[PDB]
Student: 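Below is a deposited model of HIV-1 reverse transcriptase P66 subunit with d4T-TP as ligand.
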Amino acid sequence: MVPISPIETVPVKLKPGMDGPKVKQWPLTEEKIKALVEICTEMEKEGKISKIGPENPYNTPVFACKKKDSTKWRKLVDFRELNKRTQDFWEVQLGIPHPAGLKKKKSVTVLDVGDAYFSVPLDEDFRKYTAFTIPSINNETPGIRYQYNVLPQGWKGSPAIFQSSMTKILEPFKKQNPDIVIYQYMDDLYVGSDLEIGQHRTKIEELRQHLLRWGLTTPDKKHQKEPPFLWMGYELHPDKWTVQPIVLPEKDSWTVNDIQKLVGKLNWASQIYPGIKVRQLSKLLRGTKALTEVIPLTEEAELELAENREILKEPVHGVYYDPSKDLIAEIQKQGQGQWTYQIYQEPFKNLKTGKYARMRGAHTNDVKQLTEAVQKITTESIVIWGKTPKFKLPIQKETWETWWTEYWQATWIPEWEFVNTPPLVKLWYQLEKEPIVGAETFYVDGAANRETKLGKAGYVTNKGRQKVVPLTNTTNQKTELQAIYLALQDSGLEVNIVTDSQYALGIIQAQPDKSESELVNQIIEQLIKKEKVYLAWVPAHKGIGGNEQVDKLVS
Amino acid sequence: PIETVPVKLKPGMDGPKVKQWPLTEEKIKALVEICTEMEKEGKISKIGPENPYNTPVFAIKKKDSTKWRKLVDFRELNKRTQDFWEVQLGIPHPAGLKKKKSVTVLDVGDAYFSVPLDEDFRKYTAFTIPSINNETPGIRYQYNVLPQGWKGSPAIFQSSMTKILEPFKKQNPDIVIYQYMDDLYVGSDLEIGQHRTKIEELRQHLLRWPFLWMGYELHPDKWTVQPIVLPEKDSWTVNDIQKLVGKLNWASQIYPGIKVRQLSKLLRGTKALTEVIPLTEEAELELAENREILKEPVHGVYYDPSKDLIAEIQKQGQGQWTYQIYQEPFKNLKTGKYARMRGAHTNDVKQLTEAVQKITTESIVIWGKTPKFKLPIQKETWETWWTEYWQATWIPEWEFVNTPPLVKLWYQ
DNA sequence: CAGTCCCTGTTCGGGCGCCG
DNA sequence: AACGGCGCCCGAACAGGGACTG
Ligand SMILES: Cc1cn([C@H]2C=C[C@@H](COP(=O)(O)OP(=O)(O)OP(=O)(O)O)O2)c(=O)[nH]c1=O
Ligand SMILES: [Mg+2]
Ligand SMILES: [Mg+2]
């Protein structure tokens, strides 16, 4: 006979055709034994845990770990086998709140529900599926087995049930206090208002007593009444916010798992520290698949790591969101496919920063990557503030106009303005739209044998110029690119090039300025040196123009 | 007082589990206000995290409308109940709707809120309202009545709809009425004054039983086709003929009688691209014959009601967008071109969005199906902006392609 | 006409950061 | 040695289209 808590229960079922967990316990140290027998006895008197007998043919091992910055221990249940047989839940936590999205509030209070999961009940018909034994001695007393009447920590349904139960309890209080903002993330509650400090504490105590009606306690241990508030890993001040101190390891010998932690903290630091790069550091995590393998730092990875540490020396901070002012996002090119950006409302008062350095596609250009950076910033801004910022981009309006009007794919950038901060983003060459009068016409082609991997590439021109180059360990696609490279090498500043390669033409028409292929990069270098290039395509094996003639040479 | 029509998913398929995407501030504030009223009216109810199903939701404004409309992306739930709105209770498509002079589209989705939904099926209509900056967890609901945007709603309401439209159809035997999703397509050959008058009579016929006041007008008799055309120049260069033979060779996949023998003979040798080549007597004959074949209709091209419709779109530049609707490759049921749409010369995504909506509207009128689109755009570009410009209450399927223009086939 | 290859794209799962 | 959320950068597995070979 246990009392039913005021919180409405959540009906939890299991996957059909499956039963409950039947896993043997794990032999643990005697230190954990004297730290769980006292918990199951206290929770038994408080109605949070009931004792069972032989009528419960289930069992689940448990373990305990020390809480961070607290004398109290934390109890966890290894429900990994129960999660495989429990119904799937749709998570109501859609993201992580960011302090740059917080508005200016006169008074701020951060609460913390004590015994979060241990205050929300479990489904009545589901408590039987949570069986676990607790031996008081490591090899003497068999230990009476208990069960759970609340949410266990470690179960895959505990977070979603708590987050949904907490919302239903706060819904009536928020309806009575519309002007009070309550950021609800797990058990921690961020409460802010524009009321006076005296009147603010009055509503805080009203909320503390409101939650107490459902058995939710807000102890004075984690009650924050004055800045700086530690919320979501940040330091919240009345007019600014900053990330909690980030410590980077400094080892003499670096391994794989050390760089993974190093790059991770730099990603977390790049949200407010402008100009952080992890290109050369992450480049060391390629190929090697041994987390305990020493990797020497390259000169590029060492200079990148040195510049990041100096950025973290000077203390930086972000500001809060003012809906009355516009959102501004400015991007800078950092080179090697690296982009950094700042989002702000007042000049030099950054709400947050960030970086985009994803390299998608074997061939691309700075305009494509700038477009991808804008899209990432847009979605990020819609998550945090619910609107798109006005962009300040290092690309001329004329350059952008030339690109998107002539590109075959739909592409667009929201309302933006040009900012003249080098390096400017530009197109490094422009393919002509019509054939060039007076320019030598090169008919290029390439063929390769599938078996021997041998091939040829060359050209014939209207002036009689001709070349055939034998190639070893190549492909049909490479010889077509090689043929175009030959025509660019052996032509004047203006040249018309005729190819039948849909592959090669498709790459070059997209005006790439960088490539994972050394051959394409050489072609790009030649295209930049030219003054006029016209690429034309004809179908292969049709007796068209000189394409038929060069086809005989390379095949 | 209405027995809930039992609805079952297709055998071997679970409910939809699609993540909600971020919403702008004005859309969240619109959906919160709409869902609060619907919950007060009992149309929807809040649910918990024990419902593992979810469907995206956002809000739109129709053309020239300042009122928000709740739009649910039921595309996943629809194709998981396909044997219902197509096999059990299907709606016949009238072939005469596309022949009418004027066709008005009426939003009748609000009538579906009067019929209850099967209790065992309400769990599949779950959606989640997000919050700005994740201030609060997601606010989950499920539908208690027939939801807008679900293909099962017009199927179940069809029995009720027929009784309502029965007196009007007897009054006007020449008017063709077709129902698709939340819309009602009303076509007639009457004059513009007579047509709009009869549309208002149908509106009053529905009132005696929030977007019924709107009426998007169509004119399928004015819809045009964009055939393949060949350039007509006074002089031809090597480059011109090389492009012509490449275009005709690709066109041979559609018209088998197209020849390029006499035209390829003009390119014998290794000539400069800008060299002017006069057309021989046989080349003029072969080019003139190919122009007539492009006017002839393609053999063995007809609509198969059991096959899906496919729509490809090409960005031609300067506000020009071409498209082809087909079920089998090179068997185009329709080819057209759009020009100077909204967003022309400034926004590719708004134009592409408009083109997709226009093509879908045509496909609903002609065949009663929405095609699956092959969009010439990057996935991330489309998924960032398309909801900003969507003005329809349905959503077609789409995929993303990248085909460089080796030869301008549909627009020289 | 199939069956491959070459090439390039997306998807996903795990590594890390961080929150509770 | 547990659960859920989000972000990044990584690689293996998979899909799809031109193009060549039997
Ligand atoms: C940090 C953490 C948390 N949780 C779950 C459990 C309760 C909520 C909040 O955890 P908590 O605030 O740190 O501890 P809590 O149970 O609330 O008890 P108190 O320390 O607040 O008194 O999230 C978890 O399952 N694993 C974890 O590692
Ligand atoms: Mg707590
Ligand atoms: Mg070739």
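Chain identifiers are assigned alphabetically (A, B, ...) following the order of the sequence lines, protein sequences preceding nucleic acid strands; residue numbering begins at 1 within each chain. Atom set for the values below is all heavy atoms of this structure, side chains included, hydrogens, waters and symmetry mates excluded. Order of appearance sets the numbers: ligands from 1, and atoms from 1 within every ligand.
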Student: Which ligands, or which chains, stand for d4T-TP?
Tutor: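 Check ligand 1.
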Student: Taking 4.0 Å as the heavy-atom contact limit, which other chains touch d4T-TP (ligand 1)?
Tutor: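 Chains with a heavy atom that near d4T-TP (ligand 1): A, C, D.
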Student: State the atoms of d4T-TP (ligand 1), each with its element, that fall below the 4.0 Å cut-off from a heavy-atom position in A:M186.
Tutor: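 In order of number, 8 (C), 23 (O).
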Student: Extract the source organism of chain A from the PDB entry.
Tutor: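 The PDB lists Human immunodeficiency virus type 1 group M subtype B (isolate BH10).
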Student: Are any of the N or O atoms of A:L76 closer than 3.5 Å to those of d4T-TP (ligand 1)?
Tutor: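 There is no such contact.
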Student: So which of A:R74, A:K67, A:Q153, A:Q163 gets nearest to atom 10 (O) of d4T-TP (ligand 1), if we judge by its closest heavy atom?
Tutor: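 Going through A:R74, A:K67, A:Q153, A:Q163 one by one, A:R74 has the nearest heavy atom to atom 10 (O) of d4T-TP (ligand 1).
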Student: Which atoms of d4T-TP (ligand 1) are found less than 4.0 Å from any heavy atom of A:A116?
Tutor: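 Result: 7 (C), 8 (C), 16 (O), 17 (O).
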Student: Numbering the atoms of d4T-TP (ligand 1) from 1, which are under 4.0 Å from a heavy atom of A:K222?
Tutor: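 With A:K222 as reference, the close atoms of d4T-TP (ligand 1) come out as 20 (O), 21 (O).
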Student: Backbone or side chain, does any N or O of A:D112 fall under 3.5 Å from an N or O of d4T-TP (ligand 1)?
Tutor: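 Yes; the residue has a nitrogen or oxygen that sits under 3.5 Å from a nitrogen or oxygen of the ligand.
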Student: Check for other ligands or ions under 4.0 Å from d4T-TP (ligand 1) and list them.
Tutor: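 Near d4T-TP (ligand 1): ligand 2 (magnesium ion).
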Student: Which chain residues come within 4.0 Å of d4T-TP (ligand 1), judged by heavy atoms?
Tutor: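 Using heavy atoms under 4.0 Å, it comprises A:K67, A:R74, A:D112, A:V113, A:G114, A:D115, A:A116, A:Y117, A:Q153, A:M186, A:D187, A:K222, C:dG20, D:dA2, D:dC3.
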